[PDB]
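Contents of the following structure include naproxen.
Following the PDB entry, chain A residues are numbered 4-319, in order. Order of listing sets the numbers, starting from 1, for every ligand and every atom in it. Side-chain atoms are counted along with the backbone in the values below, which use heavy atoms only and exclude waters and symmetry mates. Structure determined by X-ray crystallography, 1.6 Å.
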Amino acid sequence: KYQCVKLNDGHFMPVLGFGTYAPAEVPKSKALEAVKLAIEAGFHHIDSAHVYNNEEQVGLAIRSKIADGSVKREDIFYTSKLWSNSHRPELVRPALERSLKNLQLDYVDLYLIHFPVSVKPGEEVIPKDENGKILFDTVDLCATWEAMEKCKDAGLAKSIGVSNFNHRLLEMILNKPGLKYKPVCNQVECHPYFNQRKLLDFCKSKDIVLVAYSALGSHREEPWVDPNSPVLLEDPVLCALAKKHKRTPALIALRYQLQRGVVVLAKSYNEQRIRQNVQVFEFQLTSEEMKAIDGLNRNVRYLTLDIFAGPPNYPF
Ligand SMILES: NC(=O)c1ccc[n+]([C@@H]2O[C@H](COP(=O)([O-])OP(=O)(O)OC[C@H]3O[C@@H](n4cnc5c(N)ncnc54)[C@H](OP(=O)(O)O)[C@@H]3O)[C@@H](O)[C@H]2O)c1
Ligand SMILES: COc1ccc2cc([C@H](C)C(=O)O)ccc2c1
């Protein structure tokens, strides 16, 4: 048994997920080990993506832990994400099948539209012209979404959702004529310096689950993230609270999300921090602590993905 939330399609999502992205210079071997450790520690939800270039390793971890008798497939919730070179509707299922082939899994539990800006089809995930300009594409995300819904009907994705959508883009999908399956979730950046209250309430109102990424203040990797931005975990109130509960600032940040009805991801490739993070289910925060964490909010977005700024669908 483990804590899950009922999704709007009737499937269940474990409320703590294991983030698997690491910078290109971390060897891929470390993903294999880290995901095995995550499963051993009690993570039942694993979050990856095509663009993380780790699905071979992440899939091997999962296969290994099923084959070794540690876990059944039905007690792993695995998420992949459709990258923006395959937004064209005819390209959606091939991209999902490619991920499945890399993973050697029969299905993903969740398939997400990773980012709403589309780029040119082909093998390169960030296609550039000869002068280094990103090659943007124009695609109707409503047609992308229909192709996702067919992947669900094919059984290849148990559930489908989105990521890095704003209000407008979610409404675009929700208000789509002939809409068959709402998104189960919107995975977006969320932490005490960017608590997303507005978008969170919107999602709740539509029974869409908000899935928090960079819940611990992000990988802080250059050039994805500005090195001058404030370190979330160094925050005095979070450290005060941690010290008080004999926990860690990370644990306080993750607990904050769980109590406000957000599903929270946490990446770590460190054995001790992997085990530490599952301790989020061992303590609880009072209303006064929760309000204190709310007051940290300061509109700090770590992940702008601004190399994809310009086209209309850029979400921030
Ligand atoms: N949909 C998207 O666009 C999108 C965007 C960003 C992230 N994501 C997903 O969300 C996941 C997590 O977000 P993220 O990678 O930015 O990092 P995140 O979880 O905020 O955490 C970042 C850093 O926290 C450290 N950490 C973990 N546990 C800790 C602890 N208990 N105490 C102190 N430090 C701790 C990790 O380092 P160690 O590894 O050394 O422990 C990691 O570098 C990603 O891996 C990915 O699956 C999705
Ligand atoms: C190699 O090319 C990429 C492209 C897009 C990426 C998006 C992301 C986001 C930050 C994410 O979902 O973590 C990560 C890595 C990426 C690598």
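One finds naproxen in this model at ligand 2.
In the deposited model, most contacts to naproxen (ligand 2) involve the chain that UniProt calls Aldo-keto reductase family 1 member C2.
Inside a radius of 4.0 Å around naproxen (ligand 2), the other ligands and ions present are ligand 1 (NADP nicotinamide-adenine-dinucleotide phosphate). For atom 10 (C) of naproxen (ligand 2), the closest non-hydrogen atom of the protein is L306 CD2, 3.3 Å. Looking from atom 2 (O) of naproxen (ligand 2) to the surrounding protein, the closest heavy atom is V128 CG2, 3.3 Å.
Of the residues UniProt lists as binding NADP(+) in chain A, a heavy atom under 4.0 Å from naproxen (ligand 2) is found for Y24. Residues of chain A that UniProt annotates as binding substrate and that have a non-hydrogen atom under 4.0 Å from naproxen (ligand 2): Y24, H117, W227. The source field of the entry for chain A reads Homo sapiens. Considering backbone and side-chain atoms alike, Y55 places an N or O below 3.5 Å from some N or O of naproxen (ligand 2). Of the protein's non-hydrogen atoms, the one nearest atom 4 (C) of naproxen (ligand 2) is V54 CG2, 3.2 Å. The active-site residue of chain A per UniProt that lies nearest to naproxen (ligand 2), with minimum heavy-atom distance rounded to 1 Å, is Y55, 3 Å. Selection from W86, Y216, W227 by nearest heavy atom to atom 17 (C) of naproxen (ligand 2) gives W227.
Protein heavy atom nearest atom 9 (C) of naproxen (ligand 2), with residue, atom name and distance: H117 NE2, 4.0 Å. At a heavy-atom cut-off of 4.0 Å, the residues contacting naproxen (ligand 2) are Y24, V54, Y55, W86, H117, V128, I129, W227, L306.
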What are the atom names and distances for all N or O pairs under 3.5 Å between naproxen (ligand 2) and the protein?
from: naproxen (ligand 2); atom 1: 12 (O); to: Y55; atom 2: OH; distance (Å): 2.6
from: naproxen (ligand 2); atom 1: 12 (O); to: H117; atom 2: NE2; distance (Å): 2.7
from: naproxen (ligand 2); atom 1: 13 (O); to: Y55; atom 2: OH; distance (Å): 3.4

